[PDB]
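Figure: structure with tylosin (bound form).
The sequence lines fix the lettering, A, B, ..., with proteins before strands; numbering per chain opens at 1. Whatever order the structure lists ligands and atoms in, that order sets their numbers, starting from 1. Contacts here are counted within a displayed part of the entry, not across the full deposit. These values consider heavy atoms only, across backbone and side chains, with no hydrogens, waters or symmetry-generated copies. For this deposited structure, the header notes the method as X-ray crystallography, 2.7 Å.
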Amino acid sequence: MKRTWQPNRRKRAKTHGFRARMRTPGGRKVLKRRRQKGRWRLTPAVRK
Amino acid sequence: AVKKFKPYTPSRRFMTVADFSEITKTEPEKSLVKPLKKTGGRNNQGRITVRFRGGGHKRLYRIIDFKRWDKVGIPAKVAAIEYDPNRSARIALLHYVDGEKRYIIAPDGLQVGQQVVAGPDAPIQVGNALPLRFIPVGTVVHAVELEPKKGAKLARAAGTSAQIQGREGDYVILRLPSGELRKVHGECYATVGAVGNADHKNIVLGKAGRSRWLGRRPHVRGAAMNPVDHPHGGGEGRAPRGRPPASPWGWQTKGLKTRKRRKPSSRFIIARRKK
RNA sequence: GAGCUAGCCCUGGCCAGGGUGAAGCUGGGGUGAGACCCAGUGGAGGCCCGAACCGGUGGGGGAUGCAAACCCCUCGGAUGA
RNA sequence: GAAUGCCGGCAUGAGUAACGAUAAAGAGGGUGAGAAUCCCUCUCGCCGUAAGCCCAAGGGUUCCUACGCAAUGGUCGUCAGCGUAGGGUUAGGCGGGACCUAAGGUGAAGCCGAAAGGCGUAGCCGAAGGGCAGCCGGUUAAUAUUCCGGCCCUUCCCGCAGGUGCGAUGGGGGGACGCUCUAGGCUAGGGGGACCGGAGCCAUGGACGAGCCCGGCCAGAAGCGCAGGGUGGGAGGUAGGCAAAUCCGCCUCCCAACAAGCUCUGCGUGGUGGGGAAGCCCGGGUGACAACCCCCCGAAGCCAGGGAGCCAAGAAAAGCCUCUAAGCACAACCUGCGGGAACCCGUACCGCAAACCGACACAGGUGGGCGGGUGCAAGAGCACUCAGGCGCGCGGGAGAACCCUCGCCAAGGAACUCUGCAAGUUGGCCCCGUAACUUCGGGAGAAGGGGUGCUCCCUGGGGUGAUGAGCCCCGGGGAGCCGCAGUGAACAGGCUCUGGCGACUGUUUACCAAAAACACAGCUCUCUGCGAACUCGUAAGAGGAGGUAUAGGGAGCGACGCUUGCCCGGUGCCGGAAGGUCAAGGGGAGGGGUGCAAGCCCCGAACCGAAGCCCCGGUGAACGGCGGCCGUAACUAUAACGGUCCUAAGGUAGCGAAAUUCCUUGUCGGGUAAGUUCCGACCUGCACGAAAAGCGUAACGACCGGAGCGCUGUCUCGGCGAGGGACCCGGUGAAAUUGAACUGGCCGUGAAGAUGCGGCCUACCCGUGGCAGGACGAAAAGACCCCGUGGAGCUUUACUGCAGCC
RNA sequence: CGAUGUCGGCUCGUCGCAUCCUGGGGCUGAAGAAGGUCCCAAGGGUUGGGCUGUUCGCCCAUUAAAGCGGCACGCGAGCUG
RNA sequence: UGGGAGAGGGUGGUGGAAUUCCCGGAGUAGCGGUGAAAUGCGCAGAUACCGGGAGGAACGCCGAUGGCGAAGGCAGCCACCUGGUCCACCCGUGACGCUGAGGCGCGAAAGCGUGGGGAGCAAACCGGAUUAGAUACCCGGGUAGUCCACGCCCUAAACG
RNA sequence: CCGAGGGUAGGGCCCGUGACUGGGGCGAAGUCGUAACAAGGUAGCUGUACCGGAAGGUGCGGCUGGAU
Ligand SMILES: *C(=O)C[C@H]1C[C@@H](C)C(=O)/C=C/C(C)=C/[C@H](CO[C@@H]2O[C@H](C)[C@@H](O)[C@@H](OC)[C@H]2OC)[C@@H](CC)OC(=O)C[C@@H](O)[C@H](C)[C@H]1O[C@@H]1O[C@H](C)[C@@H](O[C@H]2C[C@@](C)(O)[C@@H](O)[C@H](C)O2)[C@H](N(C)C)[C@H]1O
Ligand SMILES: [Mg+2]
Ligand SMILES: [Mg+2]
Ligand SMILES: [Mg+2]
Ligand SMILES: [Mg+2]
Ligand SMILES: [Mg+2]
Ligand SMILES: [Mg+2]
Ligand SMILES: [Mg+2]
Ligand SMILES: [Mg+2]
Ligand SMILES: [Mg+2]
Ligand SMILES: [Mg+2]
Ligand SMILES: [Mg+2]
Ligand SMILES: [Mg+2]
Ligand SMILES: [Mg+2]
Ligand SMILES: [Mg+2]
Ligand SMILES: [Mg+2]
Ligand SMILES: [Mg+2]
Ligand SMILES: [Mg+2]
Ligand SMILES: [Mg+2]
Ligand SMILES: [Mg+2]
Ligand SMILES: [Mg+2]
Ligand SMILES: [Mg+2]
Ligand SMILES: [Mg+2]
Ligand SMILES: [Mg+2]
Ligand SMILES: [Mg+2]
Ligand SMILES: [Mg+2]
Ligand SMILES: [Mg+2]
Ligand SMILES: [Mg+2]
Ligand SMILES: [Mg+2]
Ligand SMILES: [Mg+2]
Ligand SMILES: [Mg+2]
Ligand SMILES: [Mg+2]
Ligand SMILES: [Mg+2]
Ligand SMILES: [Mg+2]
Ligand SMILES: [Mg+2]
Ligand SMILES: [Mg+2]
Ligand SMILES: [Mg+2]
Ligand SMILES: [Mg+2]
Ligand SMILES: [Mg+2]
Ligand SMILES: [Mg+2]
Ligand SMILES: [Mg+2]
Ligand SMILES: [Mg+2]
Ligand SMILES: [Mg+2]
Ligand SMILES: [Mg+2]
Ligand SMILES: [Mg+2]
Ligand SMILES: [Mg+2]
Ligand SMILES: [Mg+2]
Ligand SMILES: [Mg+2]
Ligand SMILES: [Mg+2]
Ligand SMILES: [Mg+2]
Ligand SMILES: [Mg+2]
Ligand SMILES: [Mg+2]
Ligand SMILES: [Mg+2]
Ligand SMILES: [Mg+2]
Ligand SMILES: [Mg+2]
Ligand SMILES: [Mg+2]
Ligand SMILES: [Mg+2]
Ligand SMILES: [Mg+2]
Ligand SMILES: [Mg+2]
Ligand SMILES: [Mg+2]
Ligand SMILES: [Mg+2]
Ligand SMILES: [Mg+2]
Ligand SMILES: [Mg+2]
Ligand SMILES: [Mg+2]
Ligand SMILES: [Mg+2]
Ligand SMILES: [Mg+2]
Ligand SMILES: [Mg+2]
Ligand SMILES: [Mg+2]
Ligand SMILES: [Mg+2]
Ligand SMILES: [Mg+2]
Ligand SMILES: [Mg+2]
Ligand SMILES: [Mg+2]
Ligand SMILES: [Mg+2]
Ligand SMILES: [Mg+2]
Ligand SMILES: [Mg+2]
Ligand SMILES: [Mg+2]
Ligand SMILES: [Mg+2]
Ligand SMILES: [Mg+2]
Ligand SMILES: [Mg+2]
Ligand SMILES: [Mg+2]
Ligand SMILES: [Mg+2]
Ligand SMILES: [Mg+2]
Ligand SMILES: [Mg+2]
Ligand SMILES: [Mg+2]
Ligand SMILES: [Mg+2]
Ligand SMILES: [Mg+2]
Ligand SMILES: [Mg+2]
Ligand SMILES: [Mg+2]
Ligand SMILES: [Mg+2]
Ligand SMILES: [Mg+2]
Ligand SMILES: [Mg+2]
Ligand SMILES: [Mg+2]
Ligand SMILES: [Mg+2]
Ligand SMILES: [Mg+2]
Ligand SMILES: [Mg+2]
Ligand SMILES: [Mg+2]
Ligand SMILES: [Mg+2]
Ligand SMILES: [Mg+2]
Ligand SMILES: [Mg+2]
Ligand SMILES: [Mg+2]
Ligand SMILES: [Mg+2]
Ligand SMILES: [Mg+2]
Ligand SMILES: [Mg+2]
Ligand SMILES: [Mg+2]
Ligand SMILES: [Mg+2]
Ligand SMILES: [Mg+2]
Ligand SMILES: [Mg+2]
Ligand SMILES: [Mg+2]
Ligand SMILES: [Mg+2]
Ligand SMILES: [Mg+2]
Ligand SMILES: [Mg+2]
Ligand SMILES: [Mg+2]
Ligand SMILES: [Mg+2]
Ligand SMILES: [Mg+2]
Ligand SMILES: [Mg+2]
Ligand SMILES: [Mg+2]
Ligand SMILES: [Mg+2]
Ligand SMILES: [Mg+2]
Ligand SMILES: [Mg+2]
Ligand SMILES: [Mg+2]
Ligand SMILES: [Mg+2]
Ligand SMILES: [Mg+2]
Ligand SMILES: [Mg+2]
Ligand SMILES: [Mg+2]
Ligand SMILES: [Mg+2]
Ligand SMILES: [Mg+2]
Ligand SMILES: [Mg+2]
Ligand SMILES: [Mg+2]
Ligand SMILES: [Mg+2]
Ligand SMILES: [Mg+2]
Ligand SMILES: [Mg+2]
Ligand SMILES: [Mg+2]
Ligand SMILES: [Mg+2]
Ligand SMILES: [Mg+2]
Ligand SMILES: [Mg+2]
Ligand SMILES: [Mg+2]
Ligand SMILES: [Mg+2]
Ligand SMILES: [Mg+2]
Ligand SMILES: [Mg+2]
Ligand SMILES: [Mg+2]
Ligand SMILES: [Mg+2]
Ligand SMILES: [Mg+2]
Ligand SMILES: [Mg+2]
Ligand SMILES: [Mg+2]
Ligand SMILES: [Mg+2]
Ligand SMILES: [Mg+2]
Ligand SMILES: [Mg+2]
Ligand SMILES: [Mg+2]
Ligand SMILES: [Mg+2]
Ligand SMILES: [Mg+2]
Ligand SMILES: [Mg+2]
Ligand SMILES: [Mg+2]
Ligand SMILES: [Mg+2]
Ligand SMILES: [Mg+2]
Ligand SMILES: [Mg+2]
Ligand SMILES: [Mg+2]
Ligand SMILES: [Mg+2]
Ligand SMILES: [Mg+2]
Ligand SMILES: [Mg+2]
Ligand SMILES: [Mg+2]
Ligand SMILES: [Mg+2]
Ligand SMILES: [Mg+2]
Ligand SMILES: [Mg+2]
Ligand SMILES: [Mg+2]
Ligand SMILES: [Mg+2]
Ligand SMILES: [Mg+2]
Ligand SMILES: [Mg+2]
Ligand SMILES: [Mg+2]
Ligand SMILES: [Mg+2]
Ligand SMILES: [Mg+2]
Ligand SMILES: [Mg+2]
Ligand SMILES: [Mg+2]
Ligand SMILES: [Mg+2]
Ligand SMILES: [Mg+2]
Ligand SMILES: [Mg+2]
Ligand SMILES: [Mg+2]
Ligand SMILES: [Mg+2]
Ligand SMILES: [Mg+2]
Ligand SMILES: [Mg+2]
Ligand SMILES: [Mg+2]
Ligand SMILES: [Mg+2]
Ligand SMILES: [Mg+2]
Ligand SMILES: [Mg+2]
Ligand SMILES: [Mg+2]
Ligand SMILES: [Mg+2]
Ligand SMILES: [Mg+2]
Ligand SMILES: [Mg+2]
Ligand SMILES: [Mg+2]
Ligand SMILES: [Mg+2]
Ligand SMILES: [Mg+2]
Ligand SMILES: [Mg+2]
Ligand SMILES: [Mg+2]
Ligand SMILES: [Mg+2]
Ligand SMILES: [Mg+2]
Ligand SMILES: [Mg+2]
Ligand SMILES: [Mg+2]
Ligand SMILES: [Mg+2]
Ligand SMILES: [Mg+2]
Ligand SMILES: [Mg+2]
Ligand SMILES: [Mg+2]
Ligand SMILES: [Mg+2]
Ligand SMILES: [Mg+2]
Ligand SMILES: [Mg+2]
Ligand SMILES: [Mg+2]
Ligand SMILES: [Mg+2]
Ligand SMILES: [Mg+2]
Ligand SMILES: [Mg+2]
Ligand SMILES: [Mg+2]
Ligand SMILES: [Mg+2]
Ligand SMILES: [Mg+2]
Ligand SMILES: [Mg+2]
Ligand SMILES: [Mg+2]
Ligand SMILES: [Mg+2]
Ligand SMILES: [Mg+2]
Ligand SMILES: [Mg+2]
Ligand SMILES: [Mg+2]
Ligand SMILES: [Mg+2]
Ligand SMILES: [Mg+2]
Ligand SMILES: [Mg+2]
Ligand SMILES: [Mg+2]
Ligand SMILES: [Mg+2]
Ligand SMILES: [Mg+2]
Ligand SMILES: [Mg+2]
Ligand SMILES: [Mg+2]
Ligand SMILES: [Mg+2]
Ligand SMILES: [Mg+2]
Ligand SMILES: [Mg+2]
Ligand SMILES: [Mg+2]
Ligand SMILES: [Mg+2]
Ligand SMILES: [Mg+2]
Ligand SMILES: [Mg+2]
Ligand SMILES: [Mg+2]
Ligand SMILES: [Mg+2]
Ligand SMILES: [Mg+2]
Ligand SMILES: [Mg+2]
Ligand SMILES: [Mg+2]
Ligand SMILES: [Mg+2]
Ligand SMILES: [Mg+2]
Ligand SMILES: [Mg+2]
Ligand SMILES: [Mg+2]
Ligand SMILES: [Mg+2]
Ligand SMILES: [Mg+2]
Ligand SMILES: [Mg+2]
Ligand SMILES: [Mg+2]
Ligand SMILES: [Mg+2]
Ligand SMILES: [Mg+2]
Ligand SMILES: [Mg+2]
């Protein structure tokens, strides 16, 4: 049947993208957290 | 004169449709339409605030002239009478001798070709708008301003009307379509006659899909839900109300009055409604 | 977190073929005029049969599966909520 | 040494299940250390509204080539979507951007919020919508509307010429729109040709033929032709389109008006440029100076912004045109012509899938276009086939039980069983014919029956052309022929009678319930006068609604028909300016503390003082409720009638052993040989009953009862046969489970059901195919039950708060 | 209770005997035939259907007879539901 | 041809009396009702009185033993539309007549459907009396209906 | 070919019969009331409507075949 992951490059960037995260107090804590943890990627990769 | 159908489907049995006999023009005035943003009952938060709305036919909004004191003394010809999906009444296209064009809601008996005019000097004839104080007592009237220069608020639905009962100082007394007796200021405008398309109320929708066309999504009974949803939810099998009949939000819904206690317009309501 | 699912909003798309034959219109009849009857025309409908498409009724299989819901047969809707 | 402990390693089950669609393979020749599995050829089979082809998304080098085979590939591998390396994606016109707006998002103004932030007009952003200029062929191992060739075109800059009051984010026009049905004319696509071009072919009995086989086109500027779309012209007045306006709007006049004219698309032709088969020979080369012609069918596509009808009444903005404003009229715009200029990103490959989403090269899921031919009434259905693509990444044998999927069956024909569950039967089309009842539509495909192939002959009408021939679409009559059988294969209703429930089409528990549940048109009550009520929000602001009582919210009931009775004492709601009670506040009789005193400080009675409650009324389609005991008629029985107690009032009409009846398989009748079910009745209704509606109702139902006909492997009662497995051999090789095991029966015993204790009996060691009685077999720390001063959802006249409202 | 699946049916049996039939008997209020009752006897046999989920029971048509009980109300790693 | 009388019919207007209700004033201990009473209403200010307002229905005197119509039936007043009928004249047609199975139309009240309207009245219904009872008569209430529009029903002691 | 008739299927009329059910006629001396005949003690009758153990009552309109 139809499963749950239905990839969509625009959807992905508009929802979890860097700019979405910066626009919001909770989103900025996410970036602040993932930098402090030392994540190699702050934000999902999506080819645009 | 509502139109019937022969029973060639289950729903055609009872369905009735409007005669559309007064309509003389079947596409709207391009300079007077603008798109009607369908809401679905959702507010600026995105939340449903009015249940069971959505999914009806697309519509354009016809801009209606609810002031008419815009153009005191300038006659106009009744150019056509058209269908308006945003209201129950029909609308009339007016060609002012100005060159300006406007829609008003069409009173009963208004004829294509006649002239209407607005102002304190206007004849007491169907279609003419006057300040309330200048209309003789007894005259049946529609599209009545509630406050001066604020716009026609009362008696706009198909077939409705208000009647002038008397005068008292700066105020005339109207019998509204609800049978309420209220004082309305005399400088308020109103249009002689009753709204047309009085047969509107005898339309038998006929089937569920006909309600879907008007943007009415199915209404589910509280008794059909669960306690998390409604005061009437739950019970094994069917169940009487089991409490004073209530709304989804708990308030009682069989008699509980809800007009605000200390509202300033109470000094102007003379007598509450009827039947 | 509404890329699953539920509802709504905006903008596009899709629905083989066949069957039934409403209103109206025309002609004829009828009548004081009518209602109305007959024929033709017409092509209405949460109309009928049936693919795509959307479903998931009964049974059988499958049950460390091909599959964390599938497969075969059969069955519902298919211009409409 | 134990924690169903944790991490790791390795066992057992076991050479066991399995190796992922039953579309299918065989052989020859290559290559190579090695070949069922790679390459080539021939034969065979499978898809063909796809299992072929083209877009979009998603994926991200998987593309092409050389070299490889450790791992990946369910076997093998020399092969590969794998490893290494090198190569490969070319645009003014295709798509997106330098253009426009949609929902929505954002947001100078402004508004609101402890903070974070929430709103918000313009504006901005935002597309698969609007707008906008490229077609055909060739070429590469791999890109091509991109390179090349031919023929076309767009914008920007500059110049020349001609023309004009030029000029805009401003005004206007236009853009600009639904659904169903649909006209004319075309094109796509297709069928045929005794005509045209072609390498050839004559077989095995015949055929050298009006034979067979292959092919008979594509693109094209101007011009022209056909078919369509769009569009009135002039004058005068003018107060409207938030300045102006010669534009637009409104009024009057004349003229043109089934036209014309102007303009714009489609199609045809068109200089020109291309293409070009079978077969043979080695993707090529030939064929070939290839030929490129006629007839027919014909779109859902095109002309298009076409026409008609209908009601539910069907985006915006830019480009474009027109009007003017400042301004400027050495400018500027418009038209024609010339030269110049023309950027950024994508482009490989897969794309119904082995490259996307499903942990897998996973029988699942994935939007758009093309989708040939013949026959079957039609069609995208079905059968077979074209182009094209495949045989599904373990095989070889054997021919047991048993399982799956499939075929047939004597006589019987539902006797099966909870149930005809399942499987038969019926099955398309044409004609005849068709009942109760009905809301007059229907019920209806009711039921039931006849026909169906082929040949010859005569013949009607419609399309094309010309009226004819030919082609074509529907028929009509007559006479024959063959078989068991003519919708000869494939696809394609079993029917009737009678109940319950629900009017109906719809909706639902994604993944055990599709229903009688939900919804539904319709009915009623109730709230709401507009800054509505109501809803979301602290608010601002929204929705309601750019609506206004024929409207909007809430509730119940549920098409339609006939109806919906009595009770207002309790709860609710509504009304009530009196009275009672009533908080803060006012009032201050009278007290108290302290000070020498003035004073300062504290307590405080009467009395005035809201909503609410009390109290007085109303109200049922508001919550709800609608009796008991005893007697009585000239046979008996029964009780129309009476007595008395109680209530706020004692259940009406209609219906009833019911989706409700406990006693119950009530009693009687029907149907059956026989009927705890069914249907019809009766009424002592344990415990129906009138909008949690009552009683009916044509039509409808994958709902749930009961019966009959048809027909059957359901059954008596099984038999045989097919294939896929099971079995044997080669390759690859799991799993749950497992204290260890050298693991028999009986009768006893034991914590009460013993392989393991006692007594007796029986028993050589080890496997393979099978069956399921035991190992209180496995799985899941019982989902029932209880316990825990464990948890959570839900309720209310439980407690206590809070929002909200007064 | 860190799980002993729970009615009936179907299939497959096996056992007890307090015996339904068949075999052998005694008594009889046993004339015969047919019964009644008790004793011995478990070798074999003990039908098909209508109703109901039913066990049981009632009924139809037969029969020599249409037995009663146990085996975890025998038997769901055998099926049904 | 010339005239006449008439509640003949349909439509649109519109006038005054009265009842009810609401508002304002004045005023107080009862009102109402019957055979008699009670229920009911009234110090939360009723009845009775005045002024104001809303609304529905029916039209007093004239009015009669009257008039009109085919019957059912028709009554304030005004206008419009329209039928029947009678008299005068003796002008026109030239028996063109009578009746009339079927057919068609009209048809009091009640009743029905869909909207409206609703003052008074009032089936049902509730209460108070009466009574052996009183599902009646009498009293207090009271819903359909009575009214309007359109569509039905088609009955009658539709009788002279 | 037609054809007695037989068979299959579906209709129409009539007759008999049926649990139960509707009212009707009749029947020396049953139970309840007293509706009508007198102004029958509420004049009666009437079409219709609703209601009630029953005759009946009531509403609306009509008749005199009503008394004083
Ligand atoms: C309760 O549910 C426990 C369950 C056993 C556990 C281990 C379990 O969950 C087993 C599941 C199984 C075997 C699932 C099978 C597969 O189903 C399919 O799975 C795939 C992933 C899914 O995509 C679907 O495929 C399409 C899904 O299909 C549904 C499934 C196949 C049918 O099998 C089952 O469902 C079997 C399951 O019911 C199993 C037998 C259960 O064990 C029994 O549990 C019950 C509770 C217990 O009985 C109780 C009944 C009582 C309480 O009344 C009492 O009388 C008895 C004594 O206990 C029973 N046992 C007696 C203990 C267990 O055997
Ligand atoms: Mg899904
Ligand atoms: Mg998606
Ligand atoms: Mg995207
Ligand atoms: Mg996208
Ligand atoms: Mg997206
Ligand atoms: Mg976001
Ligand atoms: Mg982002
Ligand atoms: Mg912050
Ligand atoms: Mg910060
Ligand atoms: Mg890094
Ligand atoms: Mg990053
Ligand atoms: Mg992130
Ligand atoms: Mg109709
Ligand atoms: Mg009809
Ligand atoms: Mg109209
Ligand atoms: Mg516009
Ligand atoms: Mg809005
Ligand atoms: Mg918003
Ligand atoms: Mg709501
Ligand atoms: Mg809504
Ligand atoms: Mg409206
Ligand atoms: Mg309208
Ligand atoms: Mg006012
Ligand atoms: Mg209505
Ligand atoms: Mg609508
Ligand atoms: Mg509902
Ligand atoms: Mg419920
Ligand atoms: Mg529920
Ligand atoms: Mg919730
Ligand atoms: Mg709650
Ligand atoms: Mg609740
Ligand atoms: Mg409840
Ligand atoms: Mg309950
Ligand atoms: Mg419930
Ligand atoms: Mg219940
Ligand atoms: Mg429920
Ligand atoms: Mg209750
Ligand atoms: Mg409540
Ligand atoms: Mg409230
Ligand atoms: Mg009011
Ligand atoms: Mg979604
Ligand atoms: Mg999305
Ligand atoms: Mg369709
Ligand atoms: Mg079609
Ligand atoms: Mg047909
Ligand atoms: Mg026809
Ligand atoms: Mg027409
Ligand atoms: Mg349909
Ligand atoms: Mg059919
Ligand atoms: Mg089946
Ligand atoms: Mg399947
Ligand atoms: Mg199938
Ligand atoms: Mg169908
Ligand atoms: Mg269809
Ligand atoms: Mg449609
Ligand atoms: Mg230890
Ligand atoms: Mg473990
Ligand atoms: Mg542990
Ligand atoms: Mg571990
Ligand atoms: Mg571990
Ligand atoms: Mg380990
Ligand atoms: Mg390690
Ligand atoms: Mg290991
Ligand atoms: Mg091993
Ligand atoms: Mg084994
Ligand atoms: Mg396995
Ligand atoms: Mg497997
Ligand atoms: Mg596998
Ligand atoms: Mg298959
Ligand atoms: Mg071979
Ligand atoms: Mg081979
Ligand atoms: Mg090999
Ligand atoms: Mg090899
Ligand atoms: Mg192979
Ligand atoms: Mg090969
Ligand atoms: Mg060969
Ligand atoms: Mg094909
Ligand atoms: Mg390898
Ligand atoms: Mg290898
Ligand atoms: Mg290597
Ligand atoms: Mg491997
Ligand atoms: Mg694999
Ligand atoms: Mg090699
Ligand atoms: Mg490449
Ligand atoms: Mg180019
Ligand atoms: Mg630039
Ligand atoms: Mg954006
Ligand atoms: Mg675009
Ligand atoms: Mg483009
Ligand atoms: Mg081109
Ligand atoms: Mg190319
Ligand atoms: Mg110019
Ligand atoms: Mg337009
Ligand atoms: Mg528009
Ligand atoms: Mg559009
Ligand atoms: Mg339509
Ligand atoms: Mg072409
Ligand atoms: Mg063809
Ligand atoms: Mg001018
Ligand atoms: Mg001007
Ligand atoms: Mg060639
Ligand atoms: Mg050559
Ligand atoms: Mg199409
Ligand atoms: Mg078009
Ligand atoms: Mg806009
Ligand atoms: Mg200037
Ligand atoms: Mg100059
Ligand atoms: Mg640039
Ligand atoms: Mg490319
Ligand atoms: Mg697929
Ligand atoms: Mg596709
Ligand atoms: Mg592939
Ligand atoms: Mg594979
Ligand atoms: Mg796959
Ligand atoms: Mg095809
Ligand atoms: Mg072809
Ligand atoms: Mg066919
Ligand atoms: Mg197609
Ligand atoms: Mg294969
Ligand atoms: Mg396949
Ligand atoms: Mg395979
Ligand atoms: Mg073998
Ligand atoms: Mg198969
Ligand atoms: Mg055979
Ligand atoms: Mg047989
Ligand atoms: Mg049979
Ligand atoms: Mg038979
Ligand atoms: Mg049976
Ligand atoms: Mg059955
Ligand atoms: Mg069943
Ligand atoms: Mg068939
Ligand atoms: Mg019948
Ligand atoms: Mg019939
Ligand atoms: Mg029938
Ligand atoms: Mg019937
Ligand atoms: Mg009929
Ligand atoms: Mg038939
Ligand atoms: Mg037929
Ligand atoms: Mg024939
Ligand atoms: Mg033949
Ligand atoms: Mg023969
Ligand atoms: Mg069928
Ligand atoms: Mg239903
Ligand atoms: Mg249902
Ligand atoms: Mg029902
Ligand atoms: Mg119904
Ligand atoms: Mg319904
Ligand atoms: Mg449907
Ligand atoms: Mg579930
Ligand atoms: Mg489910
Ligand atoms: Mg689930
Ligand atoms: Mg269910
Ligand atoms: Mg269903
Ligand atoms: Mg439901
Ligand atoms: Mg329904
Ligand atoms: Mg109803
Ligand atoms: Mg209503
Ligand atoms: Mg709120
Ligand atoms: Mg705050
Ligand atoms: Mg708005
Ligand atoms: Mg419902
Ligand atoms: Mg009926
Ligand atoms: Mg009460
Ligand atoms: Mg009360
Ligand atoms: Mg009460
Ligand atoms: Mg109570
Ligand atoms: Mg009743
Ligand atoms: Mg009963
Ligand atoms: Mg019974
Ligand atoms: Mg019943
Ligand atoms: Mg009951
Ligand atoms: Mg019972
Ligand atoms: Mg029982
Ligand atoms: Mg019985
Ligand atoms: Mg019987
Ligand atoms: Mg049953
Ligand atoms: Mg009884
Ligand atoms: Mg209820
Ligand atoms: Mg109930
Ligand atoms: Mg029915
Ligand atoms: Mg259904
Ligand atoms: Mg169903
Ligand atoms: Mg049967
Ligand atoms: Mg068998
Ligand atoms: Mg076999
Ligand atoms: Mg061997
Ligand atoms: Mg091996
Ligand atoms: Mg391997
Ligand atoms: Mg050991
Ligand atoms: Mg050992
Ligand atoms: Mg052993
Ligand atoms: Mg042993
Ligand atoms: Mg023991
Ligand atoms: Mg033992
Ligand atoms: Mg042992
Ligand atoms: Mg030992
Ligand atoms: Mg021992
Ligand atoms: Mg031992
Ligand atoms: Mg021993
Ligand atoms: Mg032994
Ligand atoms: Mg073996
Ligand atoms: Mg074995
Ligand atoms: Mg075993
Ligand atoms: Mg065991
Ligand atoms: Mg155990
Ligand atoms: Mg066991
Ligand atoms: Mg635990
Ligand atoms: Mg436990
Ligand atoms: Mg558990
Ligand atoms: Mg559970
Ligand atoms: Mg317990
Ligand atoms: Mg406690
Ligand atoms: Mg404790
Ligand atoms: Mg607790
Ligand atoms: Mg709080
Ligand atoms: Mg236990
Ligand atoms: Mg365990
Ligand atoms: Mg266990
Ligand atoms: Mg059996
Ligand atoms: Mg024996
Ligand atoms: Mg038992
Ligand atoms: Mg029993
Ligand atoms: Mg014997
Ligand atoms: Mg036994
Ligand atoms: Mg027991
Ligand atoms: Mg027991
Ligand atoms: Mg047992
Ligand atoms: Mg058992
Ligand atoms: Mg089982
Ligand atoms: Mg069992
Ligand atoms: Mg077991
Ligand atoms: Mg077992
Ligand atoms: Mg076991
Ligand atoms: Mg069950
Ligand atoms: Mg008093
Ligand atoms: Mg006082
Ligand atoms: Mg009134
Ligand atoms: Mg007269
Ligand atoms: Mg004369
Ligand atoms: Mg009448
Ligand atoms: Mg007395
Ligand atoms: Mg014979
Ligand atoms: Mg009397
Ligand atoms: Mg008397
Ligand atoms: Mg009397
Ligand atoms: Mg009475």
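Within this structure, tylosin (bound form) can be identified as ligand 1. Ranked by contacts, the chain bound most extensively to tylosin (bound form) is, in the PDB entry, 23S Ribosomal RNA.
Other chains with one or more heavy atoms under 4.0 Å from any atom of tylosin (bound form): C, D, E. The entry attributes the source of RNA chain C to Thermus thermophilus HB8. Note: tylosin (bound form), covalent bond at D:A783 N6. Residues in other chains coming within 4.0 Å of tylosin (bound form) by heavy atoms are C:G62, C:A63, C:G65, C:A68, C:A69, D:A779, D:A780, D:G782, D:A783, E:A3, E:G5, E:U6.
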